[PDB]
Asker: 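Got a PDB entry here containing BLU-554 (bound form). Few questions.
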Amino acid sequence: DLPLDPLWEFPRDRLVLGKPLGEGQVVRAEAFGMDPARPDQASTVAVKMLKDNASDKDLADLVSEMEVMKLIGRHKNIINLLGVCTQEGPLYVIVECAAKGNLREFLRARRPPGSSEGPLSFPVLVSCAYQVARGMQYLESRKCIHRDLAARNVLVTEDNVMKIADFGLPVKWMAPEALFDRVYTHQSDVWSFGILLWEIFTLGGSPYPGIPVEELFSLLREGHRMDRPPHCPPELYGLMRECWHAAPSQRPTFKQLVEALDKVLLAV
Ligand SMILES: *CCC(=O)N[C@H]1CCOC[C@H]1Nc1ncc2cc(-c3c(Cl)c(OC)cc(OC)c3Cl)ccc2n1
């Protein structure tokens, strides 16, 4: 028995559920009048709900995620909360559905064969990174630490807009202070962003490729980092490397990443 939030409650009978998207449940669905300024207009959305096997605590976690998404509020470059169903029936949390899946798969699927030019230009790739940096700057301004930023946790819209996912609630993405000291800050997220930038300019590459998940720590400690990937401009590699300074205070801020990437896009 949960409160009725008049800012968020959406009628349970305007929500037509569809095929599962992922188990543990999340279900795609048609929503009628998610935009109250076109209230017969239908839209595809994603709906999180509990599986019948779920404890007192599993309900608490879905409640807190719904509550944190309300508090963080709306931005173009995150998965936005759209509505909830809390009354006389199971708890539904309704959010944006992105047609083209996660950014890792978007890029892999758009690999050209061998040495040929692929549909993803330098500016589109820099734009991807720009949009992720703007999303993270927003989440940081609302006191949200992601803790797991990676191309698999960014989703892509029908219009190729980047949307950070799973910010409500992977050693090769983690800052040294997060690996050894279990310390997560905004600057930890900046390390991860560096890794995500590498992923973008390798079109969805597996970071530290070859290198076993047990040799990494020693390579980082000795001051080793991934090499510049083929065809990546030095300006972009230098941003990755700045992200991978050992000292968190020497990494750029998301604000500075937004400015640097902005400068590159203006220069096209
Ligand atoms: C929209 C059509 C469709 O079915 N798209 C699929 C394409 C391939 O990838 C899976 C589907 N897309 C998609 N889009 C958005 C999703 C959002 C969530 C999600 C997130 Cl990211 C979230 O972040 C805080 C919170 C919640 O619920 C509280 C949810 Cl449901 C999950 C899956 C998504 N899949």
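Quick note: numbers on chain A are straight from the PDB entry, i.e. 453-476, 480-624, 643-741, in order. So how was this one determined? The header says X-ray crystallography, 2.3 Å. All ligand and atom numbering here is 1-based and tracks the order in the structure. Heavy atoms only: backbone and side chains are in, while hydrogens, waters and symmetry mates are out.
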Asker: Give every ligand number or chain letter for BLU-554 (bound form).
Answerer: ligand 1
Asker: Which polymer chain sits in most contact with BLU-554 (bound form, ligand 1), and what is its name in UniProt?
Answerer: Fibroblast growth factor receptor 4
Asker: Is it the side chain, the backbone, both or neither of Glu551 that has a heavy atom closer than 4.0 Å to BLU-554 (bound form, ligand 1)?
Answerer: backbone
Asker: In chain A, which UniProt domain contains the majority of residues contacting BLU-554 (bound form, ligand 1)?
Answerer: Protein kinase
Asker: Nearest non-hydrogen atom to atom 25 (C) of BLU-554 (bound form, ligand 1) belongs to which of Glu520, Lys618, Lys555, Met504?
Answerer: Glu520
Asker: Under 4.0 Å from a heavy atom of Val481: which atoms of BLU-554 (bound form, ligand 1) are those, numbered in the order shown and with their elements?
Answerer: 30 (Cl)
Asker: Which BLU-554 (bound form, ligand 1) atoms, with their elements, are less than 4.0 angstrom from a heavy-atom of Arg483?
Answerer: 4 (O)
Asker: Using heavy-atom distances only, which candidate in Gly474, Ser498, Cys552 approaches atom 1 (C) of BLU-554 (bound form, ligand 1) most closely?
Answerer: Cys552
Asker: Per the PDB, what organism is listed as the origin of chain A?
Answerer: Homo sapiens
Asker: Please identify which atoms of BLU-554 (bound form, ligand 1) are closer than 4.0 Å to at least one heavy atom of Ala620.
Answerer: 21 (Cl)
Asker: Would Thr499 count as a polar contact of BLU-554 (bound form, ligand 1), with the cut-off being nitrogen or oxygen pairs under 3.5 Å?
Answerer: no
Asker: Identify which of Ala553, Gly470, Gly623, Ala501 has a heavy atom lying nearest to atom 12 (N) of BLU-554 (bound form, ligand 1).
Answerer: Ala553
Asker: Of all the atoms in BLU-554 (bound form, ligand 1), which lie at a distance below 4.0 Å from a heavy atom belonging to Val548?
Answerer: 28 (C)
Asker: Test of understanding: given a 4.0 Å heavy-atom threshold, classify the contact between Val550 and BLU-554 (bound form, ligand 1) as side chain, backbone, both, or neither.
Answerer: side chain
Asker: Does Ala554 approach BLU-554 (bound form, ligand 1) within less than 4.0 angstrom via side chain, backbone, both or neither, non-hydrogen atoms only?
Answerer: backbone
